Each structure stands twice: as C-alpha cells, then as structure tokens.
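Here the structure comes first, spelled out in structure tokens, and everything after it is commentary.
For reference, chains are lettered A, B, ... following the sequence lines as listed. Note that chain A is numbered according to the PDB entry, with residues 1-117, 144-247 shown in order. Quick note: numbers on chain B are straight from the PDB entry, i.e. 1-120, 144-247, in order. Numbers in chain C come straight from the PDB entry, and the residues shown are 334-545, in order. What you see of chain D is 334-545, where the numbers are those given in the PDB entry. Keep in mind that the numbers below use all heavy atoms, side chains included, and drop hydrogens, waters and symmetry copies.
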Amino acid sequence: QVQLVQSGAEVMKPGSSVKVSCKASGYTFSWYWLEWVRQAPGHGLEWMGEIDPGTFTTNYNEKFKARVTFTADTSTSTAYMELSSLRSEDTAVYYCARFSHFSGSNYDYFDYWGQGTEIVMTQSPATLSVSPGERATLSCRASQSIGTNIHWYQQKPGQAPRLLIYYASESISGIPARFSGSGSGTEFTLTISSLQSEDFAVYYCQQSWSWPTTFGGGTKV
Amino acid sequence: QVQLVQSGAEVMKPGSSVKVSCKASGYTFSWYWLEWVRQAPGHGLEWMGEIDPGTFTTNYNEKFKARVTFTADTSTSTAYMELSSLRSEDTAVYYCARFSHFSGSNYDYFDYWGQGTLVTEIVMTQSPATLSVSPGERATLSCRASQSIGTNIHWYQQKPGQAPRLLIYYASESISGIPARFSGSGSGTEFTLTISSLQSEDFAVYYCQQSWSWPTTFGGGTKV
Amino acid sequence: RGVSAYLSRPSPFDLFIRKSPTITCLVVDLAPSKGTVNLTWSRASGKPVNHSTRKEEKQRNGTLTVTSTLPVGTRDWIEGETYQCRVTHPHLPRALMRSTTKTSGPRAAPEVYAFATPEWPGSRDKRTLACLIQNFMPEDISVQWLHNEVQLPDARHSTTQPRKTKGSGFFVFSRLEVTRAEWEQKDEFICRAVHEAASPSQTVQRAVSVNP
Amino acid sequence: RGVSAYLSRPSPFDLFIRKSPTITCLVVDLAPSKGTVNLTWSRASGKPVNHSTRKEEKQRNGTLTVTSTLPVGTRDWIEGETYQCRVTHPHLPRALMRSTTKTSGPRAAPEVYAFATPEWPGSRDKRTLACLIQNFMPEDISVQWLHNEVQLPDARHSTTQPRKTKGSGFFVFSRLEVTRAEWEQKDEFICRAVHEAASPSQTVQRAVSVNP
Ligand SMILES: *[C@@H]1O[C@H](CO)[C@@H](O[C@@H]2O[C@H](CO)[C@@H](O[C@@H]3O[C@H](CO[C@H]4O[C@H](CO)[C@@H](O)[C@H](O)[C@@H]4O)[C@@H](O)[C@H](O[C@H]4O[C@H](CO)[C@@H](O)[C@H](O)[C@@H]4O)[C@@H]3O)[C@H](O)[C@H]2NC(C)=O)[C@H](O)[C@H]1NC(C)=O
Ligand SMILES: *[C@@H]1O[C@H](CO)[C@@H](O[C@@H]2O[C@H](CO)[C@@H](O[C@@H]3O[C@H](CO)[C@@H](O)[C@H](O[C@H]4O[C@H](CO)[C@@H](O)[C@H](O)[C@@H]4O)[C@@H]3O)[C@H](O)[C@H]2NC(C)=O)[C@H](O)[C@H]1NC(C)=O
C-alpha cells in the first residue's frame, strides 16, 4: 500500500534546466529520508544524494553537489529534484529512493518512474544469461571490509529495483526461499538453489558502511 | 563431589614461617585456577592472590606481593601458600578458592580450612550491617561499588565456621539446589540481594563479589 | 552490531472480541544512558492518531527495554492502514522507524481440535485438556478456553507460539489443567481460536465433554 | 558483547536404547577471527577419555558455531561421573570451562496421551496425530513415533522442547502427519517417550488408530 510516483519523462538537450518530482503515498512524507540514485546505461548505480523533508536538510554527492538541487513540499507530500549543467554525457535514468532503516544507513524501499534523456566494490561475475536448472552464485566484494552491512536489489527490465536480501543474510517477505545470501567481512555470496526463467533481472550490490553509498556493477540473468 | 581440603589450623609465633596446603579432589587439578583469600577481624575478606597450576604462573595483591609465596605440586593435586613477616594484626582465616571462570575473573567454588593465629581501586560497600531473625519477613541486602561494574558481581553465603557458599552468579541466576526465595537484581553501582522469605535454616554472612576490575574486592558482609 | 527494536501486530481476540487492539512497539538491548528515548507514532494517511501509553522499565540481565502501546481502530486495521513507530535515541546517528500493517497473504481457516484425557491413575483431582489448532494462515492467532461462559486468565492455560506445519499452515498446541471443582461445577469445556481467516465471526470453536 | 559457549547433556533415547550417549560442548557468538579455537575434554576421576569429534561451521546470522561431541559410556554416566569441557580461545585471556553430570532430582514417570484428528475436507488421505507427554521429571526426555515397529525420521514429527507446567513436571507436545498408504500398511501408531524415570526399560508408550 506504499507506492511512490516519479515524474513523467521529458525532452532534454545539453544546458537546460530539469525538474523531476517524486511523490510519496502510503507513508508519512515527513518522517522518512528521501534519496536520489543515478543509473547510467552501461554503468552501475551511483549515489546522487538525499534529502529530509521533516527538517528540510539536504546532502549531496561529491560530484553532483553543485549540479544537483534538492527540495520537498510537505503539504501535498510531494518532493522534486532539479538539476543543471545538463549534458548528454550525463544521460541516465534516475530512480527516487526512500530510506527505511535501522540505525544510521540501510536499505531502501522505492519505486522508479524517472528517466532523463568512492568506496566502490567489485561486481562479479559481470553477466550471465539464462541457464535453467543450475544453481547460480553472484559474488560481491568491497574495497573496505563491510562486515555484514550489505543489501541485494533486483531490477526487472523497465521497473523499480526491488529489495531481495537485507544485510546479506535474511530475505524480505514474499521472496521464494530459493534465494539465499551469505558472507562476512569483505566477501559476500548470493545463492539461487534453482534458477528459473520466471525471475530474470539485474542484481545490484549495496554498501551502507560509509559515504557515499555504493552499488555494484550488477549481474543480469 | 568436588571437595578441596585446606590445612589444619597451625600455631605460629611472630616472625615465623607459616605454610597452608590446599588439596583438590573431584576435578582435574591442572585446569582450574586456584585462589587465596584472607578474612581478618575488622577487615572484609579480601583478595590475597591466585595461581595457575598448569603453567605455575602467579598473581599477587598489592599488599601481599612481597610477603606471600604460592606454589603447587601436580602429582599430589595440592597447592600451598606460605608467608613470613607475620604481624599481630595478621591473624586471620585463609580460604583457598577455585576459579571457575569465563575470561579474566569470575565467581569462585571453594571449601574452608584455613586459620592463622600467632601469639601476641574499587571498593564494595555492603549495607545494612546486620538484621536479626524475623521469620517469614522479606529481608533486603544492598551492595554498592564506587566504580560501575556492570553485572560482574556475585553473592556468597558463609554460615559461621564453614565456607562461603556461592548463591548467585552475575547477580541474576541462582546455582541449582538453592531455594527460589533467594533472588538478586541490580546494575551499575548499586546491587540488592533479596530473600523473599527468611528462614532460620539459612542464617549466615552474605558477601559481595567484584569481577569487573583488579584487585577483586568483597563487601563487609551482612549476617543475621 | 547495533541496537534493534521489534514491533508486533494486534492479536485477533483484542481485535474482534475485545474490539480493542493492542499495538506494541518495543526496543531492546539499549545500553542504559541518561539520553531519553522518544517514541512517536503516525499513520499513513497523515491524519490524526490516538495517544500512546508509554511504559519504560529495566530488565534482568541489565539491558534496557522501553515499550509504547497505541490503541487502534478495528476497521482502521482491517482496511489496512499502515502504522509507523518512530524511535529516536541520541546514541543512534539517524532516527529509526518501523512500519506494520495488515498482511495480504492467503488465508486458511483454523481447524480446532478439543481433546480430553481419560481418568488415569494418580490424578483424580486434576485433569488435563488439550487443544490443537491446525492449517491456519497467516500466523496471527489467539486461543482461549472458557469455563461456564467465562474468560479464564491467560496464566491458566499454557499455549505454544505458532510453528509451521509439516504440510500447509501452522499448528498451535495448548494445555489446560482443570481442578476437580471446575468440572464438578460444569462439565462443558470449549476451546475456541480467533483468527482473521476464520469466519463467520473470526471464531472457530470445538467442545467435547470430559467423557465421550 | 562477550562470547559464550554451552554444553549439552545426553538424550534418554541415545542413552538407554542406542547405548551411545554423546555430550556436546559448543561455542556460539564467535566473532570471526583467524584465531582457531581448541576444545579439550576430561572427566573428574582422571580416567580414560575417548576422542571427541570436532565440527566447526558458520551460520546464517554470520556467527561461528564450533562443536565437539564426545561419546560417553552409559555406565560411566549412570555412575554419575562429571565431565569437563575446556575451551581455549586466543582472544580470551584465560580458558573457559563447562561441567556436566547426571541429575539427582526427583524423577516422575511420563504420561503419554495419543490423539487422532477427524477427517477434514481436502485432505482425505493424510491425517494428523498428536502426542502429549505429561508429569515427568527431570526435564530430560526424547520422543519417537513407531509405525508398525519402524522408526520414522526425527524430521517427520514436530516436537516441542519441555517447559515447566504450572504444577510439578513438564509437558511436551508432538505432531505427526500420516500418509494414506502408511495407515493402509498398518493402522496402529505408537507414541513412545524415553525418559530416565520411565520403567521397566525407560519406555512409556500408548498407541492410537488412525480411524475406527
Ligand atoms: C545466531 O545463530 C546461532 C547459531 O547457533 C544461534 O544460536 C542458538 O542460540 C543459543 C546461542 O546463541 C543457543 O542456546 C542454547 O540452546 C540449547 C538448546 O539446544 C538444545 O535444543 C535444541 C533446539 O533448539 C536442539 O536442537 C539441541 O539438540 C539441544 O538439545 C539450550 O539447552 C541452552 O540452554 C541455556 O539457555 C536456556 C534458554 O533457552 C536456559 O533456560 C538454560 O538455563 C541454559 O542456560 C541454550 O538456550 C542455541 O543452542 C543455539 N542454537 C542451536 C541450534 O544450538 C543464535 O540464536 C542466533 N542469533 C541470532 C540473533 O540470529
Ligand atoms: C538481555 O536483556 C533482555 C532480557 O532481560 C533481552 O531482551 C530480549 O531481546 C530479544 C531480542 O534481542 C527479544 O526477542 C524478541 O522477542 C520478540 C517477542 O515476540 C520476537 O517477536 C522477536 O523475534 C521475532 O519476532 C517475530 C515473531 O514475534 C518474527 O516475525 C521475527 O522474524 C523474529 O523471528 C525477538 O526475538 C526478547 O523479547 C527480549 N526480552 C523480552 C523479555 O522481551 C536481551 O536480548 C538480553 N540480551 C541481550 C544481548 O540484549
């Protein structure tokens, strides 16, 4: 009963102002931190920034700080993101994120309807197409030891990344028991007992240990 | 079925060597750390030292460092304590202790056969000093330490003329066989031992124990 | 390696029979500190919320637990309103929040079994009654025994937390000890389980007399 | 967050029938480190010790659990010799010790009650059987189901660890699901409890038919 509406896609050419609106339904807009993530075709997801509407405080990524602009509107429970210095080199789809969390930094619960015309880990193996009936293992290792503060997302093509495993050990409800994650320290493994064409998508690694938050290159199946 | 016997009381004179023998039966003598505690009239029983029989290493209290000497013999399953430079104030009863333990310091399991008579920085505060028998009435005993110890505290029961009996370890759980009337609770600097109903069958001195830091200290105690 | 907190859902007996649902948001293993922990509540519609009773007390092994219980509307919960418990502690860097709402999974009606033990040697005064609830989904359930159309205290009957069946559903066993005077007064004992999947009135009950 | 370890006692089924009682000393909450943990064993009398099988394994929540299982002679245990497990860990300043021995408390014979569930729609072939073990001391107990004098795997029957009753003793519930072909093969199913207090041969059993 919690969905978020991002803004309709719009035409762009280099050097024009852009505004995209992320709307929140199903949860109190003021209480949860909102976040902005950037996925560029051919590049793993990278942190773009975050904003708190309760206090109207704002945080920015190292490179996007001056380019990006963050604001929110409390009355209608809508928040929008604006950006400048646009280049076609910066062509990417931006997925708006919420911050459901335990303690400081954590996984995200978010929808994804926005497209615009650094303590990072290693994503491996890079890509593997469908192979039915064989157990499939995806490996993620981070530059700095992460302990167990890692998360697994699944983005089916054209939709929002859906959280699969939080903290690499335990799976979110509704997920079939075949998906299982394990690991410690720097190394982590996601094991699918049996691989079925029913679930095919890209799987991205998440690290919340330190700032900025990082995502793996991903593995598509 | 674990008994350890200390030495029969021994007559001594000022300036004479004294030896106390602790023998261990019912458990492997090599594996458990042994300990020595001194109870002096006017002084709560306080840490005298400890020894590891497997490696023969030794630990000492600030005051007893030079006077006391600890030794062990593996075949006899006995540990001995000897000391010199005796003073008239140093007449006391010596209890030899075992160290069932998790990590550095913890509770003790021990018997009662040490008497010394010669012809002539964390303190534990235990209160009230004394409360006489009133059967069927709840009795509450409080123990306070100057520096917060967390939960590293223990409660002993010493009936007069016998060994202190371990009652509660870590202030929460009772050792098996003890009636459920005895209960402990507390944290930080303050701790309370509560006897739900008081019975003449169990009358004794109850001593506070500290495992947080060195040296280990004991409260003055409360007898009934 | 961090403090965690758990949130519970209202029991079906407090929902359908008592009509007063109990929502519990609790925090655990909090290292005791002079920092005050603030627990706030809100609902998804951002519209007014009932005040929460707050109860804070220490625990035996020395870790601190603070709990806050919020009364909820019965229809508000069955419709699916999502509730948010916010915990803020100066020890934590950012605020912590937990959310709950009605489950939308498949529903299985609870199967009720009431069994009585024959009079066996050595216990003429005390008798035992057992109840088995089988094949119910979701895991929310509340079970009770009524003697002479009265609500017996929770302590009287021992129950088991739900465990997944070998097949489909969950099963709960409960044990009750009746005194001689209880069946001396009245001989009908009915075991009833309240569950969201249950119908007509979220109640399934079975009674059998002490002797068949 | 100090690390702890537990030692377990032999089950009555492994004690009286199998004639191989095994005591297991294991450590939990192990913070992963490259330091290897060494576990040694002894008995109080200084009499011979059999070598213990050692198995170290990771778990889902990431904590390491290391176990050592020592086979014990039944007579040595019935005599009451206490066994000591010594665990040494490079992180810990001094070694840790755990001790175990036979229970000498009052012993109460287990009461077994076997119940059968009525046939319900949609599962005509498969039925459910329940067993209640009551008023036994001490809380040492092991339960089994026999179908035509065959031991069904431990996994097949879900059982509950003993918990103290309101009065004196403990109660255990176990639930088994019977296949159609199994009661087609043989129709009497026996719930058996193995316990020290049980006699003549530490077994108490009652049987139930699937349907009359
Ligand atoms: C992370 O993963 C670990 C993996 O082991 C979990 O560890 C379990 O929990 C604790 C240690 O963390 C262990 O507790 C002990 O369990 C014993 C039970 O073992 C018997 O019963 C099991 C059924 O669970 C049988 O399978 C087994 O054969 C044994 O016969 C108890 O006997 C111990 O008793 C002590 O605690 C009880 C409270 O239960 C007290 O009342 C007693 O006085 C006594 O002091 C103890 O409970 C447990 O054994 C571990 N699992 C297993 C399978 O052994 C962690 O829980 C988990 N944590 C998180 C946060 O994920
Ligand atoms: C020392 O302090 C106290 C003892 O005085 C102790 O607090 C306990 O903490 C644990 C967790 O750390 C609590 O366990 C919880 O219990 C609730 C009760 O239902 C469970 O729900 C929780 O787990 C499940 O919750 C759902 C089912 O209810 C499941 O859907 C979910 O997936 C979980 O499996 C959780 O286990 C425990 O309740 C408290 N104690 C009390 C009395 O409430 C503390 O842990 C002790 N030790 C430490 C190291 O803190």
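- Per the PDB entry, the macromolecule in most contact with chain A is IgE.
- Located at chain A, the drug is listed as ligelizumab.
- Other chains in heavy-atom range of ligelizumab (chain A) (under 4.5 Å): C, D.
- Per the PDB, the organism of origin for chain C is Homo sapiens.
- Within chain C, UniProt domain annotation places most contacts with ligelizumab (chain A) in Ig-like 3.
- The PDB entry designates chain A as Ligelizumab.
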